[PDB]
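Quick look: sisomicin on AAC 3-VI protein.
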Amino acid sequence: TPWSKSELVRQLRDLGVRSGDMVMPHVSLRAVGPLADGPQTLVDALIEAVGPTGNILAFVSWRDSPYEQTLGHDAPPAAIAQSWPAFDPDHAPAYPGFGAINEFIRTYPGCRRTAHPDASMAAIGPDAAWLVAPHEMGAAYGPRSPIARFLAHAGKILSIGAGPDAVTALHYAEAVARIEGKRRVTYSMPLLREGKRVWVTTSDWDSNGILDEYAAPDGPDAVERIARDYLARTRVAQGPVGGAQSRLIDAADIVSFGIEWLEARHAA
Ligand SMILES: CN[C@@H]1[C@@H](O)[C@@H](O[C@@H]2[C@@H](O)[C@H](O[C@H]3OC(CN)=CC[C@H]3N)[C@@H](N)C[C@H]2N)OC[C@]1(C)O
């Protein structure tokens, strides 16, 4: 019997979501199980749960981000530069690998979209415009990003059947951690500025592992390491949303822990 919107709202209330909250969801729809009207049922429940003064923030990225195609070059390679689609925030599909629910979030009426094509964030609520802009190339997840503003606004991270690697806000801890050997990446994104397509090349922190030892593709990254150590140590509201085991995490607290975690393990 598929979960109804009102059943999900009650479960979110049980978990500790309150009207007015600013929530960042990370969702496994397979863990959630069948929904009355598909993924939209959970989007609707999240919006009801946070109320008209609350907010939803999601890391949605872009299905067609030219990340690997431009990585490590000081300019987009010519064949990429000449034909890649410009990122059009109100028309760009979410990256499917960060959750199929994100395409439902970002197409929700009134949803806003940040201008960083690879780190793109989607936001719903009165603070959505303040959350999504600015989002400059060179500020993907650290200071001046939407995640930084989320962290300054008592954000809660809502993990709904998702693994400990799916805690994007921890990339803020990596950005500001005073440790040696931090990995950086250089890539190019095609933006729209006044309807004109403009290639921007930038460097930023490597979001696939802030240090070498965390960036092997067949091992856990720093986000997962930090998140597992935090969840092993911290009382966190836990309970079902649909069929999925869920956690409601204080975003400022886990990011503070992560900064401490990184700085304790690596010299300045
Ligand atoms: C759309 N462009 C993408 C580009 O943004 C970047 O995505 C990052 C992404 O992997 C990270 O998620 C995975 O991280 C790891 C360890 N590597 C294991 C499983 C995931 N939790 C996320 N935390 C931060 C993202 N920025 O690289 C891939 C890409 C497809 O090119």
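Numbers here simply count residues along the sequence, with the first being 1. Values below: all heavy atoms of this structure, side chains included; hydrogens, waters and symmetry mates excluded. One-based numbering, in listed order, for ligands and for the atoms of each.
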Item checked: Structural location of sisomicin, copies included -> ligand 1
Check: atom 16 (C) of sisomicin: which protein heavy atom is closest, and how many Å away?
Finding: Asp221 OD2, 3.3 Å
Note to self: Tell me the protein heavy atom at minimum distance from atom 27 (O) of sisomicin, and give that distance in Å.
What the structure shows: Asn208 ND2, 3.0 Å
Notebook entry, point to check: Among all protein non-hydrogen atoms, which one is nearest to atom 31 (O) of sisomicin, and what is the separation to 0.1 Å?
Noted result: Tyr67 CD2, 3.4 Å
Notebook entry, point to check: atom 25 (C) of sisomicin: which protein heavy atom is closest, and how many Å away?
Noted result: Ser207 OG, 3.6 Å
Next item on the list: Go through sisomicin atom by atom and flag the ones less than 4.0 Å from a non-hydrogen atom of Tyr141.
Entry: 25 (C), 26 (N)
Next item on the list: Note the single closest protein heavy atom to atom 30 (C) of sisomicin, along with its residue, its atom name and the distance in Å.
Entry: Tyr95 OH, 3.2 Å
Notebook entry, point to check: By number and element, which atoms of sisomicin are closer than 4.0 Å to a non-hydrogen atom of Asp118?
Noted result: 1 (C), 2 (N), 3 (C), 4 (C), 5 (O)
Next item on the list: Please identify which atoms of sisomicin are closer than 4.0 Å to at least one heavy atom of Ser61.
Entry: 1 (C)
Checklist line | Contact bool for atom 8 (C) of sisomicin (protein heavy atom, d < 4.0 Å) | finding: yes
Item checked: Contact bool for atom 13 (C) of sisomicin (protein heavy atom, d < 4.0 Å) -> no
Next item on the list: Among all protein heavy atoms, pick the one closest to atom 20 (C) of sisomicin and tell me residue, atom and distance.
Entry: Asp165 OD2, 3.6 Å
Note to self: Going by the closest heavy atom to atom 23 (N) of sisomicin, which one wins out of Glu68, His171, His116?
What the structure shows: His171
Notebook entry, point to check: Which chain residues come within 4.0 Å of sisomicin, judged by heavy atoms?
Noted result: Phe59, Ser61, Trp62, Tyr67, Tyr95, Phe98, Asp118, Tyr141, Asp165, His171, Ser207, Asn208, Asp221
Check sisomicin against the protein and report each N/O to N/O distance under 3.5 Å, formatted as atom name, atom name, distance.
unit_1    : atom_1 : unit_2 : atom_2 : d
sisomicin : 2 (N)  : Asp118 : OD1    : 2.8
sisomicin : 5 (O)  : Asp118 : OD1    : 3.2
sisomicin : 5 (O)  : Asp118 : OD2    : 2.5
sisomicin : 10 (O) : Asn208 : OD1    : 2.7
sisomicin : 17 (N) : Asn208 : OD1    : 2.9
sisomicin : 21 (N) : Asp165 : OD2    : 2.7
sisomicin : 23 (N) : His171 : NE2    : 2.7
sisomicin : 26 (N) : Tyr141 : OH     : 2.8
sisomicin : 26 (N) : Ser207 : OG     : 2.8
sisomicin : 27 (O) : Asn208 : ND2    : 3.0

